[PDB]
2 protein chains.
Amino acid sequence: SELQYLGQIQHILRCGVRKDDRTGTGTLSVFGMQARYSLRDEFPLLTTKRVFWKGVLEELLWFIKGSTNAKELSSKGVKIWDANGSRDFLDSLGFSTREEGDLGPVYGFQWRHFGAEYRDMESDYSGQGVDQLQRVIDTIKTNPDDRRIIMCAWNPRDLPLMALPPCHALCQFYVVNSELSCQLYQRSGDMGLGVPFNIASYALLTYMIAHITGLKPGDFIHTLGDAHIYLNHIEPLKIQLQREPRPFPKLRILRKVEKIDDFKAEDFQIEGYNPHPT
Amino acid sequence: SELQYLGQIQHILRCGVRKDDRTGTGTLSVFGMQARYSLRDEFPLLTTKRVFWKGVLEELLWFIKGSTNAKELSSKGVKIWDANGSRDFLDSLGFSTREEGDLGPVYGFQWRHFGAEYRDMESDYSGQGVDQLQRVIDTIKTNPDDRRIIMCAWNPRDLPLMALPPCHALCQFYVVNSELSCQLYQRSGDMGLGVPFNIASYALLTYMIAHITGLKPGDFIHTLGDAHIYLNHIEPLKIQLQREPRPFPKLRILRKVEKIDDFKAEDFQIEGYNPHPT
Ligand SMILES: Cc1nc(=O)c2cc(CN(C)c3ccc(C(=O)N[C@@H](CCC(=O)O)C(=O)O)s3)ccc2[nH]1
Ligand SMILES: Cc1nc(=O)c2cc(CN(C)c3ccc(C(=O)N[C@@H](CCC(=O)O)C(=O)O)s3)ccc2[nH]1
Ligand SMILES: O=c1ccn([C@H]2C[C@H](O)[C@@H](COP(=O)(O)O)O2)c(=O)[nH]1
Ligand SMILES: O=c1ccn([C@H]2C[C@H](O)[C@@H](COP(=O)(O)O)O2)c(=O)[nH]1
């Protein structure tokens, strides 16, 4: 099913009109896309180009902890969020009083404390806001047929405080025949970098929730708003586009976990990941 | 085109799985679906089965007003929400102290006063909460390339207060070459009734915003979470699939409106809508 991805990369490079991004760099853009990734006895960690798995793993565990401090992620060798929490950036946004690394009410905070009043990354928010993550887990356990199993990171109120608007605005879970599926609504997707990572990321979330709810991972539906390839990647991705997709690896969860919060980086083992070099 | 929709119908029939809902009515379900409807010189008002246009138009103008009073819509000849706002149904949700017609913080409220504290339908919320509607309208005019033009109805906090959890979690707008597109993330889709009406609803909103932002309607991307067919509709739908889809009608905005709040039902006229019998 990695072909669907490549396909999406193909479709954008042959019907994708040009559209400049927030910065100034242009991109080839298509609006509204979807790809289905089976999670059955296999993990969708793209093989046509290596995905920064550690980053994926550590970032999610970071979202789950409810952390909004980029330093707590950087400490794990995953610096993908450091620039957005650096003294300069925070200042350029008007957050002069913010301790360095304080990203604001972002992903982690929304998932676990949606609606709560943000103070700073050091603050305790226990028992504050809606714990969407635990709610989806509990809903799955109690009413799997439920069609409102949603976790939304998009918080219009908190938007102005974020050291970045979330790309993963919303995700929905679905259960049938003891299979747990998840669909992500990605408002903006950098096909060349973020997307493969995001796919892996939510595939992981699903594996985790599945494992905790005693379900089997179903599918990960990936939906894109602005699916785009930055102009400077148009050829490199065309290079990748000709690479032969290899069998997806397998994600082994080593220990049984009672709660999403208990998962630790060492409980996860990617097996048989044979991605193309460079 | 309508074939997309019809194709989705056959897919749910040919590959959907049996899944039970809240009422336990039983359904053929597929999780994760996406259709693309061109809004260029045509309005996606389904022809293989009449769609309650007046309802679509009135409910939408009703959302825009920020109204959460079903009596407000019901007096427009649209009772689609009356049951949910009835003394009886409100009491089954625990809103026994809530004035009849009061659906709680639903779409209208979510779109114009997001994050504000809901009191009741009679309350003045002006200046309170985030006005997503105007915001997306503003962003389209000032920075159409914005990859964050989102309008979210899914308020994790407000959800319980609503007579009914939103099916239109959020929608995103996109702009390229003077064309305004819109993608709707529908968590639960009744392919036999709601969906066609939902599709129209947002097509109408897109047509409405393109007009105020001086853009052309491009595409309306319909994304579904739990796409389903109720088992008792399987026979009907089977017949509909036989039907020859007639050209989609056309929407004409008679008056030249400047602000999203000035749109009146009179300003809209559907043209050449030949919905199939019964
Ligand atoms: C234009 C743009 N595109 C992106 O994809 C993007 C992603 C993030 C955050 N994110 C969600 C990321 C996921 C993966 C990443 C990355 O830089 N991977 C590198 C290097 C990591 C390493 O090995 O140290 C790689 O694997 O090539 S960054 C922030 C701004 C962005 N900006
Ligand atoms: C199981 C279920 N499926 C739905 O599609 C659904 C839809 C709504 C709201 N909605 C989005 C609606 C769209 C159209 C409607 C309707 O009742 N149309 C009538 C109109 C006739 C009349 O004027 O009385 C019809 O076409 O029969 S209702 C509420 C509960 C639901 N429940
Ligand atoms: O998890 C992530 C985070 C970011 N991005 C990319 C998409 C866009 O190229 C850019 C986001 O900035 P805007 O969408 O706000 O322009 O980052 C991803 O693909 N995945
Ligand atoms: O605009 C709407 C509102 C509701 N529904 C249908 C879909 C489901 O059949 C049912 C939703 O109920 P739950 O998802 O809450 O079970 O209503 C639609 O299709 N469109």
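Per chain, numbering begins at 1; letters A, B, ... match sequence-line order. Determination method: X-ray crystallography, 2.5 Å. Ligands are counted one by one from 1 in listed order, and the atoms in each one are counted from 1 as well.
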Drug listed at ligand 2: raltitrexed
Main binding partner of raltitrexed (ligand 2), per the PDB entry: thymidylate synthase
Heavy-atom contacts of raltitrexed (ligand 2) under 4.0 Å: other chains: B
Identity of the nearest option to atom 3 (N) of raltitrexed (ligand 2), non-hydrogen atoms only, from B/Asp190, B/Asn198, B/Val195: B/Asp190
Under-4.0 Å protein heavy-atom contact, atom 31 (C) of raltitrexed (ligand 2): no
Sub-4.0 Å protein heavy atom near atom 14 (C) of raltitrexed (ligand 2): yes
For atom 10 (N) of raltitrexed (ligand 2), closest protein heavy-atom neighbour: B/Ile80 CD1, 4.5 Å
Active-site residue (UniProt) of chain B nearest raltitrexed (ligand 2); heavy-atom distance: B/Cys167, 7 Å
Atom 9 (C) of raltitrexed (ligand 2) - nearest protein heavy atom and its distance: B/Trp81 CH2, 3.4 Å
Protein non-hydrogen atom below 4.0 angstrom of atom 1 (C) of raltitrexed (ligand 2) present: yes
Atom indices of raltitrexed (ligand 2) within 4.0 angstrom of B/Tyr230 heavy atoms, with elements: 1 (C)
PDB source organism - chain B: Homo sapiens
Heavy atom of protein inside 4.0 Å of atom 23 (O) of raltitrexed (ligand 2), strictly below: yes
Heteroatom proximity flag, B/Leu193 to raltitrexed (ligand 2), N/O under 3.5 Å: no
Distance from atom 5 (O) of raltitrexed (ligand 2) to nearest protein heavy atom, with residue and atom: B/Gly194 N, 2.8 Å
For atom 18 (N) of raltitrexed (ligand 2), closest protein heavy-atom neighbour: B/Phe52 CD2, 4.0 Å
Distance flag for atom 26 (O) of raltitrexed (ligand 2), protein heavy atom under 4.0 Å: no
Shared residues: UniProt dUMP site in chain B vs. heavy atoms under 4.0 Å from raltitrexed (ligand 2): B/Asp190, B/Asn198, B/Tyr230
Atom indices of raltitrexed (ligand 2), in the order listed, that fall short of 4.0 Å to a heavy atom of B/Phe197: 11 (C), 13 (C), 14 (C)
Non-hydrogen contacts within 4.0 Å of raltitrexed (ligand 2): B/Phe52, B/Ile80, B/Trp81, B/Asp190, B/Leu193, B/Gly194, B/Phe197, B/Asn198, B/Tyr230
